[PDB]
Every structure is written in structure tokens, then in C-alpha cells.
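Proteins get letters first, then strands, A, B, ... in listed order; numbering begins at 1 in each. Structure determined by X-ray crystallography, 2.3 Å. Just follow the structure's listing: the first ligand is 1, and inside any ligand the first atom is 1.
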Number of protein chains: 2
Amino acid sequence: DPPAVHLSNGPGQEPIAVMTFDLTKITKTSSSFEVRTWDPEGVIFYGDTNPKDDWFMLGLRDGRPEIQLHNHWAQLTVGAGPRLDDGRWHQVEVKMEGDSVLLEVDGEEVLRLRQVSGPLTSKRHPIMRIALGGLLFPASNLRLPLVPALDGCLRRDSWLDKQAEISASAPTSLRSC
Amino acid sequence: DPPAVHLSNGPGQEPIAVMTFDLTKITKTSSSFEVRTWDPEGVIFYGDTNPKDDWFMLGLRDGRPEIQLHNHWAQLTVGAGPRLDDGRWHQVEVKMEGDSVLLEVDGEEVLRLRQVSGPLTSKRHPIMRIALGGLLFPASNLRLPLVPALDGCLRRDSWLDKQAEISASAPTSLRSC
Ligand SMILES: C[C@]12CCC(=O)C[C@@H]1CC[C@@H]1[C@@H]2CC[C@]2(C)[C@@H](O)CC[C@@H]12
Ligand SMILES: C[C@]12CCC(=O)C[C@@H]1CC[C@@H]1[C@@H]2CC[C@]2(C)[C@@H](O)CC[C@@H]12
Ligand SMILES: [Ca+2]
Ligand SMILES: [Ca+2]
């Protein structure tokens, strides 16, 4: 089996990994991974350039994907797709394509948020953070609060553009599944 | 004894802790801690609002404090103070006072970088990061490269302003001394 990691560490709700990227170097604006869980609710990943007004979250709520986003063009809270809380590995892809954010699950397009973003490259503060398994702000600050901990597993993950990655958090924390 | 933590985890040079702060809420612009080491060289802490052009590092080089800083007003590489690599606990305080950054060691003022910063509050991108025990950029990007790992210990630490802290990294990583 390909190497999987725990999405939560237990008591605390701090992300298990944080990656930071130089925005002027991003050419690939998609992430993809595999996820397995029995948990109906929690954070799979969070991205931001600013935690007060340029941020994105993908989690589960009622076993289904949920996207929360606030940036200059769009502010939204959307559920879409099938229940992923069945203990089977699922393929997920999040892509930004033109002004749209796409969500793919198991090879199918399940959500397309159109006209939600201008070009990254020409963005207002050129550093983007990616956190896995939680937020980089307290849960009460979401548009719609959820309890962040997602007792699940992750593998085959690839975030945005490797060539633009400025830092990656200590991998001393990671816990194998 | 008050509880101490390892500044490095060993193989990797990733910071052992990352704290992020809302700049419009900072009222206390100082940090202070205690440090004990036999290591002549490495990073004690790094701060930034942007890792490409608004960043600060405090480490040791030849057993002495070294500050590296690049922001809009100042770009500099300065050694000052006594050797701290003697295996005794040392008190250190880093303070910003008006346009000056002060460095105190064991209750004495050893360095004052004057006219190196305008007001934080009215700053160009309101999120500051603090990393302990390494940088949030590769070492080759410093003004003057050093091997970041500092095999040392830290206690009684307090960073900037607690009331402005947006996130603190998972404390699952921390290793007691
Ligand atoms: C979903 C995207 C784009 C595609 C993907 O790989 C994940 C990443 C997560 C951060 C998002 C980004 C789209 C643009 C956003 C929503 C910015 O406005 C703020 C955070 C960004
Ligand atoms: C030293 C200070 C200010 C005082 C202290 O508590 C640590 C903190 C580390 C980040 C520094 C900051 C002074 C202002 C700087 C140098 C900004 O320009 C960029 C990073 C900042
Ligand atoms: Ca949960
Ligand atoms: Ca060293």
C-alpha cells in the first residue's frame, strides 16, 4: 500500500501540516489526494493568502464535501457530491481553471464554483498557505462553524505547485495509518 | 525546573513551532525567552510578514547573537553581545521601541538597531509569522547563510502579543529537554 497519514492528532485541532508557496511561481493551480474516513464532519484542507479575507476550506459535513470560501469576489458555503464517510478510499481533485474552482470526486465533476477568483499570479499578497487537517484560524471564524477534527487518512497527495513551495512544515508530526 | 523544549528535531531544519498574529491587534511588540546551548551556530527564531521582503532572524554565529533583517527600511547582518554557547541558561529579550529594535541579553542592552522599522499597526500586509528554531525559507536565502539547526533548549518564552495570536502550531512536535 502507498503511504497514508492521519488527518488529526486527537485532542487539538491544529493542522497536521502547513505548506507555503510563492504565488508568482505557481503554474499548477490544483491539488489532488485520496481520503478515507468514517467521520461525517471535519476539515480536509484549508488554503489562504490572508486568514481574515482571502481563504478557502474543503471539509465534510453530513459525510459530504463542503467548501467555504471568502475572498474579494465571492463569499460562500456550499455542500456538493456524495457521502465520503463510508471507509473507502476516495479520489478528490480541487482545481482552479480560469475564474472557476472545480471539485472532482472519484473521477466525476460534482461542483464548479464559477467566477469566484481572478488570476492568482496577479494577486494581492503573493504568499499562499495550505494547511492539511485543520484551519489556520479558530473554527468560530468560519462562515458556518464545524468541529474541525477529521479522524481520517490521506495518501497520494500533491498540493498546488511543488516548484513554487517556499516551506513545508516539520514532518516529525505526521502519523502513519 | 520550568518546562524546557528542544530547538531542533535533528535531521530536518524545519521550525519546531510557528505562530501567526493579527498585526492590527498587536500592542506588545517584544518577545522574551531563555536559551541554553553548546552549539555555536543556528537559528533561535525567525519572524516575517513576507518571506521575500519583510523578515527577521535571530540566531547564533560563533557562539554570539546575530540578527539578519530585510524589510522596506533596512537590510542588515549584525553580530553583537557575548558568546551564549556555554551551556548556561541565558535571558534574551527582543523589543521594538519606536523605529528601533533592541536586543537584551541577561538583563543588559547589547544591541540597538535604530530606524529599521515604521509602525507595525500601519503595516503592509497585516499577518506576522513567528517561527522557533528555524526559518520559513531555505537557508541559502539569508543575507548571510548559516546552517539553521540549533541543538539547544528553550523555556519561559513569550512571543509578541498573546491577544493578537491567530494560530499556534501543533504542540505534538515539541520535545522536552
Ligand atoms: C482552491 C485553491 C485553488 C486550487 C487548489 O489547488 C487549492 C487552492 C486552495 C486555496 C484557494 C485556491 C483558489 C483561490 C483562493 C480561494 C484564494 O482567494 C484564497 C485561497 C485560495
Ligand atoms: C523583531 C520583531 C519585533 C519585536 C519582537 O518581538 C520580534 C519581532 C520579529 C519580527 C520582526 C519584528 C520587527 C519588525 C520586522 C523586522 C518586520 O519588518 C518584518 C519582521 C519583523
Ligand atoms: Ca469529525
Ligand atoms: Ca548548529
**Student:** Quick one: do you know the drug at ligand 2?
**Tutor:**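 That drug is dihydrotestosterone.
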**Student:** Determine the main partner chain of dihydrotestosterone (ligand 2) by heavy-atom contacts under 4.5 Å and name it as in UniProt.
**Tutor:**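 It sits in most contact with Sex hormone-binding globulin.
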**Student:** If a contact means heavy atoms under 4.0 Å apart, which other chains contact dihydrotestosterone (ligand 2)?
**Tutor:**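 The heavy-atom check gives B.
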**Student:** Most residues of chain B in contact with dihydrotestosterone (ligand 2) fall within which UniProt domain?
**Tutor:**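 That would be the UniProt domain Laminin G-like 1.
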**Student:** For atom 3 (C) of dihydrotestosterone (ligand 2), find the nearest protein heavy atom and state the residue, atom name and distance (0.1 Å precision).
**Tutor:**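 Closest protein heavy atom to atom 3 (C) of dihydrotestosterone (ligand 2): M96(B) CB, 3.8 Å.
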**Student:** I'm curious, any covalent attachment for dihydrotestosterone (ligand 2) in this structure? Which residue and atom?
**Tutor:**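 The model places no covalent bond.
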**Student:** Consider every N or O of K123(B) and every N or O of dihydrotestosterone (ligand 2), then say whether any pair is closer than 3.5 Å.
**Tutor:**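 Yes; at least one N/O pair falls below 3.5 Å.
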**Student:** Look at atom 21 (C) of dihydrotestosterone (ligand 2) and say which protein heavy atom is nearest, naming residue and atom and giving the distance to 0.1 Å.
**Tutor:**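 Looking only at protein heavy atoms, the one closest to atom 21 (C) of dihydrotestosterone (ligand 2) is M128(B) CE, 3.9 Å.
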**Student:** Per the deposit, which organism is listed for chain B?
**Tutor:**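 According to the entry, Homo sapiens.
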**Student:** Flag atom 8 (C) of dihydrotestosterone (ligand 2) as yes if some protein heavy-atom distance to it falls below 4.0 Å, otherwise no.
**Tutor:**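 No; the ligand atom in question lacks any protein heavy-atom contact below 4.0 Å.
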**Student:** Considering only non-hydrogen protein atoms, determine which one is nearest to atom 19 (C) of dihydrotestosterone (ligand 2) and report residue, atom name and distance to 0.1 Å.
**Tutor:**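 Closest protein heavy atom to atom 19 (C) of dihydrotestosterone (ligand 2): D54(B) OD1, 3.3 Å.
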**Student:** Please write down residue, atom name and distance for the protein heavy atom closest to atom 6 (O) of dihydrotestosterone (ligand 2).
**Tutor:**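 Looking only at protein heavy atoms, the one closest to atom 6 (O) of dihydrotestosterone (ligand 2) is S31(B) OG, 2.8 Å.
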**Student:** Closest by any non-hydrogen atom to atom 11 (C) of dihydrotestosterone (ligand 2): pick that one out of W73(B), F56(B), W159(B), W55(B).
**Tutor:**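 Result: the heavy atom closest to atom 11 (C) of dihydrotestosterone (ligand 2) is in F56(B).
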**Student:** What do you reckon, does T49(B) have a nitrogen or oxygen under 3.5 Å from a nitrogen or oxygen of dihydrotestosterone (ligand 2)?
**Tutor:**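 No, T49(B) has no N/O under 3.5 Å of an N/O on dihydrotestosterone (ligand 2).
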**Student:** Could you pull out the residues near dihydrotestosterone (ligand 2) at 4.0 Å? Heavy atoms only, by chain and number.
**Tutor:**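 By heavy-atom distance, that gives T29(B), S30(B), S31(B), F45(B), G47(B), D54(B), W55(B), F56(B), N71(B), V94(B), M96(B), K123(B), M128(B), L160(B).
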